[PDB]
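A structure with HSP990.
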Amino acid sequence: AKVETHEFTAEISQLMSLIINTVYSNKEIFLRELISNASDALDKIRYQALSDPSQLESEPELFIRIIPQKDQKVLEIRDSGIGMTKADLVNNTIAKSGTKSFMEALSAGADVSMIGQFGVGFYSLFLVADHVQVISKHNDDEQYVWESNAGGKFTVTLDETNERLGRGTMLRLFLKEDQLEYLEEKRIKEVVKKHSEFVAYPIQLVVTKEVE
Ligand SMILES: COc1cccc(-c2cc(F)ccc2[C@H]2Cc3nc(N)nc(C)c3C(=O)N2)n1
């Protein structure tokens, strides 16, 4: 499998470093942000399906799914949205403008929670995670895995190790030891009900209970 390496733009590498290092208190906002991206990605596939309902056939169910993996200290956020082609992942760039604007607003004293308003709320995941894999499948393209440690370099490899998505995106968040509360059914239920009431799509939570 060929791991293509790429370097992050200097503004993107500095944004990633700011968030991963910050002390922000309301770190739970990351979930609103990722859910909001997943909901938007679903809106995008649903729009195409208004024209062409064959676009939905790669994964007919439209959903956001939250999958804690206590064994691996991993929280996965999966959507069956539009997904991202390999070219998308290697060049993901409205980010450039929103990264600069958001950085200016932070100087003026904006709170970290305003990140979504500048369109770069994906990077809020580094509040609770030190490393991240992003697995994506766009309809007319193959399934790839993007990877970043918040440094200045990310990889994009063909996906030969993860479950097939059918269509969409799954973020594998490698949580920090301080933020392992977000693997908890009850803690995750709190954050979702608080900040994502108005989501057109089912937010499914996967829970592994032992049969007694
Ligand atoms: C989701 O995985 C990745 C990987 C690198 C960069 C981005 C990203 C970055 C932004 F700054 C702003 C927006 C994005 C993503 C956010 C996103 N999330 C999800 N769940 N699905 C899609 C299609 C996108 C999308 O279209 N663009 N997302």
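Residue numbering in chain A adheres to the PDB entry, whereby the residues present occupy positions 4-95, 98-217 in order. Both counts, for ligands and for their atoms, begin at 1 and track the order of listing. We use all heavy atoms of the structure for the numbers below, so side chains are in, but hydrogens, waters and symmetry mates are not.
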In terms of chains or ligands, where should one look for HSP990? ligand 1
Name the main binding partner of HSP990 (ligand 1) here according to UniProt. Heat shock protein 90 homolog
Hey, quick one: what organism does the entry say chain A comes from? Candida albicans
Is the contact between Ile85 and HSP990 (ligand 1) made by the side chain, the backbone, both, or neither, using heavy atoms and a 4.0 Å cut-off? side chain
Proximal candidate to atom 13 (C) of HSP990 (ligand 1) [heavy atom criterion; set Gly86, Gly124, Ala100, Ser141]: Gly124
Report the member of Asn95, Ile120, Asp82 with the shortest heavy-atom distance to atom 27 (N) of HSP990 (ligand 1). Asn95
Element-labelled atoms of HSP990 (ligand 1) that are located less than 4.0 Å from some non-hydrogen atom of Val139: 1 (C), 2 (O)
Mind checking whether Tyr128 has a heavy atom under 4.0 Å from HSP990 (ligand 1)? yes
Under 4.0 Å from a heavy atom of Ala44: give me the atoms of HSP990 (ligand 1) that qualify, with their elements. 21 (N), 22 (C), 23 (C)
Any idea which residues from other chains are within 4.0 Å of HSP990 (ligand 1), non-hydrogen atoms only? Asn40, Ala41, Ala44, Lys47, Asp82, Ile85, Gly86, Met87, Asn95, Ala100, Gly124, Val125, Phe127, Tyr128, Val139, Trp151, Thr174
